[PDB]
Asker: 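Dropping the structure in here first, questions after.
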Amino acid sequence: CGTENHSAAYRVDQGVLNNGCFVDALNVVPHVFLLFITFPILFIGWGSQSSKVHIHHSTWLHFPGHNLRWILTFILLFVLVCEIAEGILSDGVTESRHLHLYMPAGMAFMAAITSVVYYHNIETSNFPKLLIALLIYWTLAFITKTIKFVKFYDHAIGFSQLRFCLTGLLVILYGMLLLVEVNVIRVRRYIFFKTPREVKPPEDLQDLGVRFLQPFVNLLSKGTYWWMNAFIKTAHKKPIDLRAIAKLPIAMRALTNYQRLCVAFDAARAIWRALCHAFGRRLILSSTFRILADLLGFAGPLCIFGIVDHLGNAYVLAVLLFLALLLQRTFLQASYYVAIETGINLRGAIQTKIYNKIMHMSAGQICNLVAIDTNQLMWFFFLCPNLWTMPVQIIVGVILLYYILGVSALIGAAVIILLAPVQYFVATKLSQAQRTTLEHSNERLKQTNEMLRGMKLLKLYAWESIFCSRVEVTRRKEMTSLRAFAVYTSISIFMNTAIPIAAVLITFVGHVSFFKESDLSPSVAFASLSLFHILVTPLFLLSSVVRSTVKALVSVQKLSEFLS
Amino acid sequence: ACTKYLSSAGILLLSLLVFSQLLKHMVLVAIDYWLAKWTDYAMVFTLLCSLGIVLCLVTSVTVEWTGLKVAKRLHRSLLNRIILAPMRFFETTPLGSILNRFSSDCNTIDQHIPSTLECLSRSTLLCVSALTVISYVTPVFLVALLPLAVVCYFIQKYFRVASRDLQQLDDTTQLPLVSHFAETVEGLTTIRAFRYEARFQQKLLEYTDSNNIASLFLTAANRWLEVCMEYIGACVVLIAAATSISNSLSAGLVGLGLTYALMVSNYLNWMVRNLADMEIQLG
Amino acid sequence: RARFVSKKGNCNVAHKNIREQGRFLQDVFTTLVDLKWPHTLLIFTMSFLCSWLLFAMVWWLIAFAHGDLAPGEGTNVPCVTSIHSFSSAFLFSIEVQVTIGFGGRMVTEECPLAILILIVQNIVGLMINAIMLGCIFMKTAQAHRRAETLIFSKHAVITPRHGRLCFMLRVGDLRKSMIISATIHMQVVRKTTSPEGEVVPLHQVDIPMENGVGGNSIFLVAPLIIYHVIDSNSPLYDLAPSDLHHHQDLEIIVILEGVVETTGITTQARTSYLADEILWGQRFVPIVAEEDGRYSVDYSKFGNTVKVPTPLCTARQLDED
Amino acid sequence: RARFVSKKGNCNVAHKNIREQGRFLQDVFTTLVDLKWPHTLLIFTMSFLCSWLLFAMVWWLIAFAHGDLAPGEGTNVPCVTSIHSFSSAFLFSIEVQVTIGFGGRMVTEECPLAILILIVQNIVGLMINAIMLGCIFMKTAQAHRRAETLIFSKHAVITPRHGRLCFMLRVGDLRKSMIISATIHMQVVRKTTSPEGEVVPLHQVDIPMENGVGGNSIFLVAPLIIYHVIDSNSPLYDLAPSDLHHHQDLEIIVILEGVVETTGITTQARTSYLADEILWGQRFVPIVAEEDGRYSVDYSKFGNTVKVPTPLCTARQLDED
Ligand SMILES: COc1ccc(Cl)cc1C(=O)NCCc1ccc(S(=O)(=O)NC(=O)NC2CCCCC2)cc1
Ligand SMILES: Nc1ncnc2c1ncn2[C@@H]1O[C@H](COP(=O)(O)OP(=O)(O)OP(=O)(O)O)[C@@H](O)[C@H]1O
Ligand SMILES: Nc1ncnc2c1ncn2[C@@H]1O[C@H](COP(=O)(O)OP(=O)(O)OP(=O)(O)O)[C@@H](O)[C@H]1O
């Protein structure tokens, strides 16, 4: 533990004597005990999955209140990594090695992963006579860190005592997650006379074989699509058929989503409100995940700034950056996957509603209504999270850009303000040329149908050349429309490529030429650069979002018309 | 064989395009390189402004010009080749197999192929630039880079297979829905007096569900590939940061490396997605 | 065309929606015995290692609480002698559970707790050895290895014997040791429909062994010809000599039970015969020859069958005429 | 309305006036094996503790008789070295029975008695370990845990098959491992009266399994439909389609015997069906489906039965007409 003979001079001095290095060895105990008690159990399960796992693809349940279990494990792993960093920083005196000041924490990290894979295996097959060890392990670890924290307060200095604050944080962490499984005890009550717990709808959902079993898995899959992995190998092996593809789960019905939509109707001020009352709860989760992904994205160039600061506290910023990127990406995907689900269920329920309106009629336009505007809804809903999120990313990027650069932040701000309505303008003229191209394409294809059906009669008279000349005429009109497309596509790609050049150039040059008191360290410059790499995506996505909301008003206007 | 598109394109505009794309990408690389040699007053800043002028629209205009060339050449060629063919080939084949090609394939070629090839090539050269710069800063990064490239190759293959299958199946799935829909409107009073509308409610439910599970899988697949591609990007962020700070223990090389380590996560996604889409749309 | 059970038994059936209640793991010992040898070894290696290690940490800590480790002074008396590092403590743990007791590290009377820990560790380690032995014994009794020594001809033939159309199959045993109370059961797997419209996907029909006394036992020393005479009560009474083999998709399940004379463990030899594995109009070639002093079996002639003139009709048609 | 045996077997019968002769405890080992694990552990923990302790007192006393403990003088030679307190003596006892022999405490040649005590303690402790192991082994062979893996549908139906009214019941096995020589027995518990006025409170009637060869064995891999065809010899020949269920209070006992392929231990799966657990005019829904490569069993459809048109009369009346 130490340099001289003090590790014993703890207990050489009388009584408890508050036992400074000893409480770290007390914290060793829970973690080491856990791994060892559960290794024998975990191993048999591992061997059984290797031996017979066809039965394992048949059985699935979730213990009550388990999502918070997952996320508390994630953030306790986060803080454990932080205290590993604190332990290495404390050993950085390096007069001798101090194993007991960072290894105990490392064992906790190892213990934590086991403590959650063990939970995954008891959640895999229900055997509630098995988390007894789990809760006694949590209360024992809570007691040991409680002793550590109160002796820290016995030798306190207060606020900037970093390990003190971190320690009490994970103390109340283990206490609250300890309360989670006694809530599970309160639910199932297996030590007194009963446990009648069983899921039918995922189990009866499983009856058809292949599944889109995402709504019931561990939250690991719910971030990473672990379930999908198994499914793809088959597609690489054998081809894919509709029968092989799944059938949607109990809540995923056009009937069920339509039923909740009918509940919403039963409850400008009508249809829109019903849709929100029907899907608002599902949607705001994606929004929240997107907001958190924005914050974790902005954590990036901050880490770059700190790293190039200290290279003019290093690996710790890299590890925190690593965790930030993982959670960011995952959060973005979570937002993406919820936006989609909402879109889909909206499409099914709205198609059912349109159909029932047709069934209550006591037509190519109606086909256009469904085939266009419902798809527009599906798409608009995906990009619905961005309506308020886009303002956040841009504004907080501006704020950090000012706190880095001073006056030159308004240069790149001017660049992006010049960016966005140009995209809007080109999209407008693109849509005009789309309508022109649709007119010419309808002419050419209809004339082509008449020519191909009467192509025998043209073969009788050798009259193919005249109508191929007609084809050529309508084709040249199409080429006029396609040159308009060429113009507008080239100007869009030139914007989306050359704007990040001009922003960086004029920002740094106006910074340095504006005042010779500039200081172009790489920590300033590259953090601002990676901010500029972030902030292209929101604008280029926001122009389409704006056009999508115009189309959204149109879709609700036409559906309001038809449902009249 | 995708090279038939190239033969319809002509070698000259190919040379213009590839040389201009490599030009502007190496210009971007050189901008960041002389930025690093800056930060570790009129001289190199005036060099940077002179560099930043060079990036230009010529790759975009070259792509669009080339697409117009390929469109008119393939249109005239297939028109003349088909009108050369006898009536017997029209009689044995269905006319729908011709007209569906005439509509769908021409609209594909003239709307979606050129821009998506441009963005695929752009993302390709961007990830090449990022890996090149990160390897230039950290030379021993390549040992960590190699098995991650192997894993990206495997994921890439699996995704492309599953994505082609789901995409084609979704496109086939959505069509009998609107077919049944148009029929159901056209014989509305017939079904009402038949009083068979519960049956066709059920059939629309089946079609709708099918379109859903097809779309859900496609969305799920896209997410899975996208999620994995980012984990690997975060890993190379970590490894590049560790190696750079370990060696540093100059600043500018490390900062450029971390910037491109950020960008590579989006680069992988964009490349894979555009690769699978073009592997479909060159059919 | 999926087979119920393979040529080597190893029944191939998936089991969907098991409502697992955890009984799968409660039966820890049947499971442990079921495990392959490499995993049985890993578990017990791990169990010992963990048990030795978990306790070792406790021993190290008790040394620490007493504070005996760094003073190294004579006046103070340690609870566990010669304890300088965790490593020394670990080795002590090993010496206790596997009862080595080298002696360089001894337990004193200072810690009434150390005495208690010693009692607990001895007992725990003791119980582990007891359980470990029990598991190993049952594994050494896995007589299924003898099941692999049992032979079933790849294909079974249909030929008339004593004027009656019958189903024949050859079976043998490669080991000198016998299988006592060897019993043979034969079932026919057929998707069948009753007149009430009831449908069964895998209906199993019992098939008589034509045993002279109506028994199912057989003293199998030399390869034997097991057969079933097709009559009015046999499900094969309507077999078509040509279509029964390919267009119909039936399966004959042959079960050979009995106990190994050496262990007393009951085992099973499982095999199956699909429609295309049955031959019509062929019989088995004699296997047993005779030396001047003994009887000899030529196992290379097991699958040897020859074509013999036979009626080409269903057993029913044969009886009708 | 008391059940003979529960849905999960676990027969519920009280036994009054047992004239216990003490045979209950003479059978110590069947009893020990019968004990729950926590009690088996307590007994052996206690046995060791006591054995270690009982002998330890003797060791301490022999030290005392010799008088070697308090002189601590070199000239005198102790019988057991390093014996200062009872605690030291106790630790010595431990080191002897579990064969640790740390060495700080050794036996000298002074006490010919100590030598004898050593012999006795080693042997006693030795025999204890032998018995303890034997007990543990039999416990690890408690195959009743496999009995819990056997499934019986909650209710059995009465439907006609091949024109004959029959009793149907579904049975299955959740484990991959098989049960050899699986035999099924079915008994009907009915308070019955003969014509001689004799009354029986729980008369058990044997029920045939409609086995094709008259056997009671069954190769159960996939869930099977066990049934009994009601005839002139069946006690269900006079079942009323409506009153048999509630006003009559009969019970069907279903016994599934067989040996676990892994242990060789014979087990039983016991279940029962009261009158109100039987359905009339219903049959079982098919469980087994088929994948391109294998057969699949949907266990969630075990209790799934559907109503089918059926005669609503007794089997006798059905035959009379
Ligand atoms: C991906 O650009 C963005 C960049 C930045 C931002 Cl802040 C948002 C987005 C964005 O896109 N927000 C919409 C969410 C979204 C859209 C497409 C995709 S996807 O990967 O193309 N998968 C599919 O589209 N599946 C289809 C979708 C239509 C129904 C049938 C299945 C995945 C998610
Ligand atoms: N109530 C009982 N509980 C346990 N064992 C009994 C009981 N009653 C008798 N036995 C033992 O089993 C046998 C049962 O026979 P039975 O009850 O006919 O005895 P018995 O004819 O009354 O003669 P005994 O007076 O010896 O019991 C008896 O010989 C007795 O040894
Ligand atoms: N799918 C299954 N996998 C494993 N065990 C099952 C399964 N289904 C039922 N069991 C157990 O075996 C018995 C089979 O009977 P059955 O399937 O009829 O149950 P049930 O009548 O549906 O009543 P329950 O709702 O309790 O299953 C049930 O009582 C249940 O305890």
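Each sequence line gets a chain letter, starting at A and going down the list. We number chain A the way the PDB entry does; in order, the residues shown are 6-272, 284-328, 354-403, 414-615. Following the PDB entry, chain B shows residues 1000-1039, 1064-1272, 1277-1310, kept in their order. To match the PDB entry, the residue numbers of chain C are left as they are there, and the shown ones run 32-352. Numbering of chain D is taken from the PDB entry, so the residues present carry the numbers 32-352, in order. The analysis underlying the following values was restricted to heavy atoms, covering all of them including side chains, and did not include hydrogens, waters or symmetry mates. Each ligand, and each atom within it, is numbered from 1 in the order the structure gives. What you see here is only part of the deposit, and the contact count is restricted to that part.
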Asker: What's the drug at ligand 1?
Answerer: glibenclamide
Asker: Look up in the PDB entry the name of the chain with the most contacts to glibenclamide.
Answerer: ATP-binding cassette sub-family C member 8
Asker: Report the chain letters of other chains having a non-hydrogen atom under 4.0 Å from glibenclamide.
Answerer: A, B
Asker: Give the source organism of chain A as listed in the PDB entry.
Answerer: Cricetus cricetus
Asker: Hmm, which UniProt domain of chain A ends up with most residues touching glibenclamide, do you think?
Answerer: ABC transmembrane type-1 1
